[PDB]
Undergrad: 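What follows is a single structure, and I will ask about it in a moment.
Lettering of chains proceeds alphabetically from A, tracking the sequence lines in order. The PDB entry numbering applies to chain A: residues 3-414, in that order. For chain B, we keep the numbers from the PDB entry: what you see runs 3-413, in order. One-based numbering, in listed order, for ligands and for the atoms of each. Just so you know, these numbers use all the heavy atoms, side chains as well, and skip hydrogens, waters and symmetry mates.
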Amino acid sequence: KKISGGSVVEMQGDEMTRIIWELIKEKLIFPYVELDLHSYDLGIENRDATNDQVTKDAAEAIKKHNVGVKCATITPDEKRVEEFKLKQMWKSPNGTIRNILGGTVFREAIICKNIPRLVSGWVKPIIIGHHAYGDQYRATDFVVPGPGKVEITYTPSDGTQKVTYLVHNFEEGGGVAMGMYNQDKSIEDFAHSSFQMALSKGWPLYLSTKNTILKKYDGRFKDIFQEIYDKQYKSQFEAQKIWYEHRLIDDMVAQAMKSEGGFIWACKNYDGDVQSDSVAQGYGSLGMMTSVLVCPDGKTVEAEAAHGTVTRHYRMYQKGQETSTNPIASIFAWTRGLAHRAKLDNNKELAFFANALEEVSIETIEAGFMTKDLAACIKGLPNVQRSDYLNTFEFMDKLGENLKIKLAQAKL
Amino acid sequence: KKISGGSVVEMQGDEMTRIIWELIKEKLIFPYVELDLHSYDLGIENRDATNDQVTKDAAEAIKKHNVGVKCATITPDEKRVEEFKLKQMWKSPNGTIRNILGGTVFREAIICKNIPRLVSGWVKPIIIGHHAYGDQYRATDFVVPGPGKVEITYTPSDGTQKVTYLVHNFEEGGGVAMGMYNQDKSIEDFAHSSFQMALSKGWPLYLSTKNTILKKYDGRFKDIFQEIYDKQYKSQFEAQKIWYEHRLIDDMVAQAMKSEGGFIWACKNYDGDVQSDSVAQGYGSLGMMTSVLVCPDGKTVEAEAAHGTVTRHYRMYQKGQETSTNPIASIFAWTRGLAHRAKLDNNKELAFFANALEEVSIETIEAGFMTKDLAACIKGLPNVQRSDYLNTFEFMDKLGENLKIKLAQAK
Ligand SMILES: NC(=O)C1=CN([C@@H]2O[C@H](COP(=O)(O)OP(=O)(O)OC[C@H]3O[C@@H](n4cnc5c(N)ncnc54)[C@H](OP(=O)(O)O)[C@@H]3O)[C@@H](O)[C@H]2O)C=CC1
Ligand SMILES: NC(=O)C1=CN([C@@H]2O[C@H](COP(=O)(O)OP(=O)(O)OC[C@H]3O[C@@H](n4cnc5c(N)ncnc54)[C@H](OP(=O)(O)O)[C@@H]3O)[C@@H](O)[C@H]2O)C=CC1
Ligand SMILES: C[C@@H](Nc1nc(N[C@H](C)C(F)(F)F)nc(-c2cccc(Cl)n2)n1)C(F)(F)F
Ligand SMILES: [Mg+2]
Ligand SMILES: [Mg+2]
């Protein structure tokens, strides 16, 4: 009776998300789906015990099977190290997994017709693709104490004459100086990932750069994106009635606000980092934002919620108090992974189920059963009442009932 | 009869704005106000004629008198040179003026209750202060052909104990690399104007940086602001129930969208550049954006519309077709400069008039009299009708008539 799932790699998470994650699998997924499951505990204690070995093993497994579903994880910081008595301040699991996999992360927010938005106009998804190999985020930056000259020099490994340029001469006073770089392969991968995501998504693609100011530096991003599109992707875009274009960031943010959504926006690392929160904020609650990591090959996908472990809610949970935490992003992480898995294996039965969960989840909210954060959006935070929303367990049950009804209705 | 304005420096502009500028003076300012007016023609032909000396003359004049009102001016490009056959491809007047004055531009958009905005929340002005001296805008960026080592080095004037930082070593392939800088002094001036602007306008001030990512580079911006504030302005802010705080940029944009407005936002040069276009748009039409330039001393202010010459409208006007160009931003430049002059001169009447002009202009729109861009905001772009909006002359005349009535009751 159960659908045959295929092979998926599952990673367990931390805190509030973890409680939901088990609930989602137990009620939402396992009953109707059978999977070959490779399960890794990415929970902070396990990561600590394994030395972060488990995280690496999990990342490798995703490469082997091509599909990953992930739960939000604690990212170690000094307070955390003190809290868990961690052996070391471990690197973020997302950071490690992205590093091993390569590929680019795209964040999109689920939209419900009843829920209001900061930007009312945005009735279609806007998807942000983030280039996380950073010009800014891998940068050499320093204070300039006193008058001096700052120069940037490139030395060819081939023994060709080295080139030096004077960034500035500080005749008087202090300054701040910086050096940053980007590499052709990362940009190339990023472009390949974005074209493929758009083609898979069904939406048009834009890339934003301040290429007018920084003709050489941002020109490479623009040039690489054009070169790849023309050579390998354009006809497919033509067939699917969608396009790729390059936009200046000032134009794009303004255009995006005016716009009704429905596009994939490809962002350089600084732009993407700013964009990811802002776009989510415009849409609504963080509970409704999902992250998908997509590699250049297009075979491999890792899906996780955009939001974190939701510690503030979890603390209430520990205290024995009631919580209303949104599972939609976490639920959607599963559905997206399943859909890709269905896509790779050409499994319609799985594909149908992954969609069915998404429809059910939206339909339930659209009918007025929702977590507190959603309720706040319609009411306003002050005006929300306990009757207005379901608690975390209550919402999942309503979702479970609906999922059962929906699937049965489909049969026949 | 006529209020005594005091000394003002007025610069004529180009194209459509120039036509409006004459209309504003003729029907709005001159009848009720008498000024010591020093007038420079920044219109493109005159600028070409004088080799752009006049643009320099105006900037020097503003420093002397402390107040300038500016019409939008054409900034030359290869296309422009052919059209006017100019001798040289002249640099932008704002840039020339800005360089001579020093100072930081602040962009404020007028708010009308009737007009819808992309962000539902904003009911209060958000003012963006932009740091023109640029790390990005004065940077050396180069393509990297092949495997190489890229390094950034600082050498002290004495030449002792230089530091070398290796940005990257390209083992395989090619990339782009860049180096950028900023000045302690430029940042210091930028901070001073922003603080003075906040105190002057009675709003809280926020400075945004990526200091978590770029601790040394961003932090200086962050450090200089706190140090100046703690030393000089903090006491004044507390008296006025006002505060200054620093935000990470992602936090600031998200917080701003959720916000209702009412703050001054100080921006890094790249951040400001992105902010200016979007923020005006989020509020409404570009015709509603004004662009004051304020020096660190706080004595000296320059007022102009945020928008350009509006040539697309101008071409239609030339063709004999109908035009609906918003004068609100241009009108406000006059009002805001005058408000500064009144402050400097302690003139109650000049101060009263400037507010009345602003008040009337908002009131007129709120009543449902407007140009096409605003009507588009209310009705949606494709649903606008001729009945909805007033033509550029129609609007100005209504403003003149409404202003006269408003002034009349004061008497
Ligand atoms: N995907 C990942 O692996 C990520 C993990 N993290 C980790 O999360 C931990 C703590 O995260 P934090 O910084 O607090 O940010 P979170 O992503 O947990 O979000 C914090 C706040 O956002 C709102 N929120 C987020 N998700 C939900 C949800 N599902 N339902 C309802 N409200 C939600 C809540 O607002 P309110 O305050 O109103 O309750 C909550 O207080 C950190 O260890 C961090 O490392 C962080 C980012 C990404
Ligand atoms: N402060 C200054 O001196 C500035 C001058 N300029 C100069 O202006 C010239 C042309 O600038 P351009 O790039 O066309 O941009 P503009 O600022 O002139 O405006 C461009 C578009 O914005 C809309 N718009 C702007 N002002 C108004 C208004 N008052 N009422 C209604 N709509 C308005 C119009 O949109 P629509 O097309 O929908 O009508 C117009 O087509 C250039 O030479 C440029 O250098 C530019 C920027 C600043
Ligand atoms: C008007 C809005 N400003 C703003 N909006 C965006 N993106 C929005 C999510 C959207 F595109 F949807 F409008 N991005 C930026 C920004 C700033 C600095 C650097 C970069 Cl790269 N981007 N600023 C504010 F402030 F009101 F929120
Ligand atoms: Mg589609
Ligand atoms: Mg208790």
Undergrad: Could you tell me the main partner of ligand 3 here, using whatever name UniProt has for it?
TA: Isocitrate dehydrogenase [NADP] cytoplasmic
Undergrad: At ligand 3, which drug is present?
TA: vorasidenib
Undergrad: Name the other chains in heavy-atom contact with vorasidenib (ligand 3) below 4.0 Å.
TA: A, B
Undergrad: Using a heavy-atom cut-off of 4.0 Å, which residues UniProt lists as binding Mn(2+) in chain B are that close to vorasidenib (ligand 3)?
TA: none
Undergrad: Enumerate the residues contacting vorasidenib (ligand 3) with a heavy-atom distance under 4.0 Å.
TA: A:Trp124, A:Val255, A:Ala258, A:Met259, A:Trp267, A:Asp273, A:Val276, A:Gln277, A:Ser280, A:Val281, B:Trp124, B:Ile251, B:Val255, B:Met259, B:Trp267, B:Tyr272, B:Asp273, B:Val276, B:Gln277, B:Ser280, B:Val281
